[PDB]
Amino acid sequence: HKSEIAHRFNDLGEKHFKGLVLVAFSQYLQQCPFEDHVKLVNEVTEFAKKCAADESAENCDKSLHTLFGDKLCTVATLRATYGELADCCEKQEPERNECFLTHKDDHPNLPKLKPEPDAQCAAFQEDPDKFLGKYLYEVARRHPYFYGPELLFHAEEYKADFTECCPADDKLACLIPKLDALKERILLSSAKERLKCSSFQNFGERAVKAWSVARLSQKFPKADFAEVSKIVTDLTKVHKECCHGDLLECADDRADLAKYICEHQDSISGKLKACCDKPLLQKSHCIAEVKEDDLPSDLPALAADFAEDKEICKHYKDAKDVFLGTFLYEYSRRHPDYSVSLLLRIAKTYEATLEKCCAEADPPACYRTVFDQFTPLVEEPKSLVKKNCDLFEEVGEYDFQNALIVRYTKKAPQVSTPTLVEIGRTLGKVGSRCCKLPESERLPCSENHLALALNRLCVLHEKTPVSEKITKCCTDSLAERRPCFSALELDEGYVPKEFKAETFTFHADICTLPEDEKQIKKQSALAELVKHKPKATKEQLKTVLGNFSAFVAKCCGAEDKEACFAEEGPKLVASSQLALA
Ligand SMILES: CCc1cccc2c3c([nH]c12)[C@@](CC)(CC(=O)O)OCC3
Ligand SMILES: CCc1cccc2c3c([nH]c12)[C@@](CC)(CC(=O)O)OCC3
Ligand SMILES: CCc1cccc2c3c([nH]c12)[C@](CC)(CC(=O)O)OCC3
Ligand SMILES: CCc1cccc2c3c([nH]c12)[C@](CC)(CC(=O)O)OCC3
């Protein structure tokens, strides 16, 4: 286009344009205040309007990365606050943008955002545009790979909560359960999209395509191969652009894809009808989270073409990607009861069987039993989901999380206590989400969400690497991640952590904390116990943590809380060392 910025301005409209630009700037430089960003946004928008008037004007010819990057480099106190990004500003495009992306920050470690119901309603009423603008800023700078359009969607849910609850009788009780519900949903979108960006970064575009072929085929089993090809291609392009900070390009293609899917919903899925009767952002989001379609009656038998056919080696050798693509498509349609990564593991085994069999003297007799190689791949995760859900049903979320914190601290004791506690808690929430579902949905839910949690762990590991075992699981294979982490056991080389009694010391401040924040503190001690006594059994550790919980309960219920913690605390810390031998 003659002017790219004018094009995107005209298409998306001013409101979305300004939103997406705000988000973009908030993601790249997370430390600058909100009012500085507002000024950058306004300056870029004014330029787009000026360009939209006369597209042949000076500088309107420039690309989006040129104009956006130029703008980023004008920021006050750039070299001081972001030395790393200021190094990029000397470079030209496309080198500069690639430098910007390289030096983004997954753990900015900003202050936690408390929902302050009284004061936020006041700020909402006085200036809603500023208030909702601030929400975009605050979420974007804490989640640097969030997809712009999807954040704009969740901003409308946020606004809708504050219109409903601020005029109402009780401000907190209306708003708090809605805001925590919106948090959960926002965190899930973020986790999914970060996995897609992580898949590009670590494994490449081919990996994103294959994941997407598997998932879309499951969701849209009645869509023909060429239809799924079209959608995955466009979707992969959306992902690539949103992950590489091309937010205006991302919003446009994402909107076109939603439009396309809804134009052709009769040849894609019958579950899209309600999603397609919605406004722009609502529609895109609904499609992305649409339930799987019912299995077609006429799904083909696969043994003939993929196991029994006599010229598979020739067909495979002619074009591997097309042949395996076709296999993955067909096998994924008929298996909505498998996880995405299981399907990719099965495809990898299919490939491996043909690589082996087609080198042997009589290939067809070798590859005749190829589908039977899948049996042990299917039963391994089916057992672990049944085992863990049985455990979760028996003991509940808190004890299940503790079981996993012990499990993972033994695997990787070099990881920081906060990270181990975070990952064990997140992994435990998969039990509460998935084990309650119908049993045919348990496996996919579980493994699909474990992947999100493990990718979080892997991203944290890129920042602060501590363990070669984690690096191998994170970097070797996307499909093998969850099995790789499961296969890890206690490393027999790890030196048990130096005993500091201060680590296991509690005080009366714990008593006034919320129940979640109490658990976290106990769970942190649990991790530290494992670090000091790595060979202690899970039953020993559970028993000792029970003694910690009882101690905290009695002293928080005492007349003189601090005298109780001081007297009873050292006794418990000393005896607990002996109980963990
Ligand atoms: C005002 C409090 C609030 C309300 C609603 C949603 C959220 C989300 C968050 N806080 C919310 C956070 C931070 C911005 C939570 C986090 O990252 O821990 O990440 C987005 C969803
Ligand atoms: C149908 C199978 C298939 C086909 C083409 C490319 C890939 C890649 C993969 N599978 C492919 C994987 C998983 C997504 C393999 C892996 O990491 O184990 O990541 C690399 C590209
Ligand atoms: C166009 C709608 C859409 C269609 C089909 C699959 C997806 C997926 C997504 N959108 C999809 C998302 C969200 C779950 C990314 C996004 O937020 O845009 O991530 C992967 C799967
Ligand atoms: C190479 C990565 C790849 C992996 C798994 C399946 C597919 C499919 C494709 N690529 C795949 C294509 C092949 C035409 C789209 C494309 O890349 O042009 O269509 C859907 C099936």
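The residues of chain A that appear here are 3-583 by the PDB entry count, in order. The figures that follow rest on heavy atoms only: side chains count, while hydrogens, waters and symmetry mates do not. Note that ligands are numbered from 1 as they come in the structure, with each ligand's atoms numbered from 1 the same way.
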Worksheet item: Can you identify the drug or drug candidate present at ligand 1?
Response: (R)-etodolac
Worksheet entry | Binding partner of (R)-etodolac (ligand 1) (most contacts, UniProt) | Albumin
Fill in: Distance filter under 4.0 Å to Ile188 heavy atoms, resulting (R)-etodolac (ligand 1) atoms
20 (C), 21 (C)
Worksheet item: Which organism of origin does this entry record for chain A?
Response: Equus caballus
Discussion item. Could you check which UniProt-annotated Zn(2+) binders in chain A have any non-hydrogen atom under 4.0 Å from (R)-etodolac (ligand 1)?
Written reply: none
Discussion item. Could you tell me, atom by atom, which parts of (R)-etodolac (ligand 1) come under 4.0 Å of a heavy atom of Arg144?
Written reply: 13 (C), 14 (C)
Worksheet item: Which domain, as defined by UniProt, of chain A contributes most of the residues in contact with (R)-etodolac (ligand 1)?
Response: Albumin 1
Worksheet item: Side chain, backbone, both or neither: which part of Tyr137 has a heavy atom under 4.0 Å from (R)-etodolac (ligand 1)?
Response: side chain
Worksheet entry | Structural part of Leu115 in contact with (R)-etodolac (ligand 1), heavy atom criterion under 4.0 angstrom | both
Worksheet item: Would you say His145 contacts (R)-etodolac (ligand 1), with heavy atoms under 4.0 Å as the rule?
Response: yes
Item to complete: Please list every residue in chain A that UniProt marks as binding Cu cation and that has a heavy atom under 4.0 Å from (R)-etodolac (ligand 1).
Response: none
Worksheet item: Which chain residues come within 4.0 Å of (R)-etodolac (ligand 1), judged by heavy atoms?
Response: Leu115, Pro117, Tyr137, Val141, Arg144, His145, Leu181, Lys185, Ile188
